[PDB]
Student: 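Notes on a complex, sertraline with Transporter.
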Amino acid sequence: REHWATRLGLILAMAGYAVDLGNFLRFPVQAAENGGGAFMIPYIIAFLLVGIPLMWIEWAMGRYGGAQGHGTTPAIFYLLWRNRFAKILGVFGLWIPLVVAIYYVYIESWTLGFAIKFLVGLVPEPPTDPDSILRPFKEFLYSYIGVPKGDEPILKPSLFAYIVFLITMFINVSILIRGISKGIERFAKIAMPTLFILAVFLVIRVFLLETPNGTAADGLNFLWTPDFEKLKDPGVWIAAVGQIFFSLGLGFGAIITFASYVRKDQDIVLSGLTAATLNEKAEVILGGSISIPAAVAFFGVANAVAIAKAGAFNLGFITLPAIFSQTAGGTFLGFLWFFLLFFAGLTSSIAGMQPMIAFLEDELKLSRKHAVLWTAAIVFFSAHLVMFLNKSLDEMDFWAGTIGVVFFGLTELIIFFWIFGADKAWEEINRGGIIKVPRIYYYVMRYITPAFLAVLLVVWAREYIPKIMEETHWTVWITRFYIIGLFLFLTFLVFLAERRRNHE
Ligand SMILES: CCCCCCCCO[C@@H]1O[C@H](CO)[C@@H](O)[C@H](O)[C@H]1O
Ligand SMILES: CCCCCCCCO[C@@H]1O[C@H](CO)[C@@H](O)[C@H](O)[C@H]1O
Ligand SMILES: CN[C@H]1CC[C@@H](c2ccc(Cl)c(Cl)c2)c2ccccc21
Ligand code: NA
Ligand code: NA
C-alpha cells in the first residue's frame, strides 16, 4: 500500500484538503452575521466538542482500514461492523465525495478562469455609484457561467469556461496519477506555502486600502466587534457547529481515505490536531483579514450588513473583483485573489477524488493509472449536468454536500464509538500517538459529539427539506434521478468487489 513519505507532507495534505474557498469567504460572512467577535465563543466550543473529536475519529477509521488494505467506507464500515447494512451505509461515504467532486471541480475551474482573465486584463473596466461598479462584474460572472437570461433552466457556459474546466481536470489528474507521496504529498509541500504567501500579501494590500467610504481597519472593526446578544439565538450556535463541521471537511470521506495511507503505528493524534489547527488559523487570521475588510473599506461600514447578507459567493466572485478594478494594479491583485482561490480549491479536489480512486484500487484491483482515469471520466462526464442545468449544483450540494455529510458524520460516530466499541475505538485513536487524547474526550465522543450532530441534522432537515421538496423547479428531479443512479451504480460496484473476493 502507498504511504505518506513524511509527517509534514501528511499534515500539509490534510490541511490543504480542509483549507479552501470557504476559509476566505464562508467564515467571514458567518462571523459577521452571527455576533462578530462573540461568534468566537460558540466557534471555539464547537471546535473542542465537535470538530476535534470527529476529526480524530475519521483519522482513526482511515488508519484502521488502511492497515487491512481498505481506504473507503464500504469496506471500512464492514470491518468495524460485519453486517450487510454496514456495507450499504458505507456506500454513502463513497457516494458523497463522488457527487461533490462532480460540482466542486467545476467551481474550482471558475477561479482558474478568472485568474487567467484578470492576469491578461480581460476584465470589465467601469465606469461613481456601487451598482454601477458591481453590475459589470455581475454580468462578467453571469456570462462566464451562463446564468439563464430567460425562463428556461438552461445554462450556457462560455467556450472559455468549458476549456478551463478541461484544463482544471487535467491538472487534477496530473497530480493524482503520480500517487500519494509523489503526487498529492509533493504538491501539498508546494501549494500550502504558496497559499500562505499569497494570503499574507493580500492581507497587507487590503490593510492599505483607503477609500472615501472607509478603511480596512473599519472592516476588522465591523467584523470583530462582539455582539453578545446574538448568543441567545440558537441559530448562532447551530451556525457555529455547522461552520466548524464544514470548514474541517468532516463527513466527506476524504480525511478517512487520506488517513488510510498512514502507517499502522504512526501518530494521528498530534498530526490530526495540527492539521485542524492550521485550518483554523488560515480561517480566522487570513480569511478574516481579507474579504470583509476589503468590502467595508470600499463600500463603507454603512453597507457592511448588506454585504454579508449578499453571501460568500457574491463577496468572492463579484464584490471583491469589482473593488480591485478600482485600485492601482487591481488587475494583478484580482489575479492573486483568484490564484489563491484556485490553489485552495485544487488542494481540496485532489483529496476529494482520491476516495473513488482508492475504491477502484483497493476493491476492484485497478492500477493507479486506470483508477485515476476512470474516476476522471466519471466526474468529467457527470459534471455536464452541473454545467448545463440551472440549480443542479445546488441540489447536489444540498443532498450530498450538506445533509448527506452531517448524516454520515453522525453515522461514523455511532458505528465507530458505539457499534465497533468505545474502548476499541479509543485505543485505535491513541495508538502511536505522540500525545494522548485527554481522557475527558472519551465522554465527549460517546455522548456530547453525536448529540451536537443530531441537533444539527434535525434542525437543518426540518428547516430546509420541506422547502427543497415543495418550492423548487421540477428540473431538480433530473439531478435527484441522476445522483440516486450514481448511488445504485456504486452499490453495484461494491457487489462486484465482494463477488470477486469470494472468487479469489
Ligand atoms: C444535463 C446534461 C446536458 C448535456 C449538455 C447538452 C449539450 C448542449 O448542446 C447544445 O447544442 C445546441 C444545438 O442546437 C447548441 O445550440 C448549444 O450551443 C449547445 O449547448
Ligand atoms: C440540462 C440539459 C439541458 C441541455 C441544454 C441543451 C441545449 C439546448 O438545445 C436545444 O436543442 C434544440 C434542438 O431541437 C434546439 O431547437 C433548441 O433551441 C436548443 O436550445
Ligand atoms: C468541506 N469544506 C470545503 C472543503 C473541501 C471541498 C471538497 C469536499 C469534497 C470533495 Cl469530493 C471535494 Cl472534490 C471538495 C468542499 C466541497 C463542498 C463544500 C465544502 C467544501
Ligand atoms: Na476549511
Ligand atoms: Na484546499
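Sequence positions, counted from 1, serve as the residue numbers for this chain. First listed ligand is number 1; within each ligand, the first listed atom is number 1. Reckoned from all heavy atoms, side chains included, excluding hydrogens, waters and symmetry mates.
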Student: Which parts of this structure should be attributed to sertraline?
Tutor: ligand 3
Student: What does the entry say the source organism of chain A is?
Tutor: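 In the entry, the organism is Aquifex aeolicus.
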Student: Measuring from the heavy atoms of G401, does anything fall under 4.0 Å of sertraline?
Tutor: no
Student: What do we get for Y104 next to sertraline when only non-hydrogen atoms under 4.0 Å count, side chain, backbone, both or neither?
Tutor: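 The side chain, only.
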Student: Which atoms from sertraline have a heavy atom of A101 less than 4.0 Å away?
Tutor: 11 (Cl), 13 (Cl)
Student: Short list, please: which atoms of sertraline are under 4.0 Å from a heavy atom of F252?
Tutor: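 Those qualifying, in numeric order: 1 (C), 8 (C), 9 (C).
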Student: Considering only the protein, which heavy-atom contact is closest to atom 12 (C) of sertraline, and what is its distance?
Tutor: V100 CG1, 3.7 Å
Student: Within sertraline, which atoms have a heavy atom of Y17 less than 4.0 Å away?
Tutor: 4 (C), 5 (C), 8 (C)
Student: Near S349, which atoms of sertraline are under 4.0 Å from a heavy atom of that residue?
Tutor: 13 (Cl)
Student: In terms of residue, atom name and distance, what is the protein heavy atom nearest to atom 1 (C) of sertraline?
Tutor: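 For atom 1 (C) of sertraline, the nearest protein heavy atom is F246 O, 2.9 Å.
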Student: Which of the numbered atoms in sertraline are below 4.0 angstrom from a heavy atom of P97?
Tutor: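 Counting atoms of sertraline from 1, those under 4.0 Å from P97 are 11 (Cl).
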Student: Checking a contact table here: which protein heavy atom is nearest atom 20 (C) of sertraline, and how many Å away?
Tutor: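 I find the closest protein heavy atom is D20 OD2, 3.9 Å.
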Student: Could you help me out with the residues around sertraline? Anything with a heavy atom closer than 4.0 Å counts.
Tutor: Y17, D20, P97, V100, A101, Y104, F246, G249, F252, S348, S349, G352
Student: So what's sertraline close to, N/O to N/O, under 3.5 Å?
Tutor:
from	atom 1	to	atom 2	distance (Å)
sertraline	2 (N)	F246	O	2.8

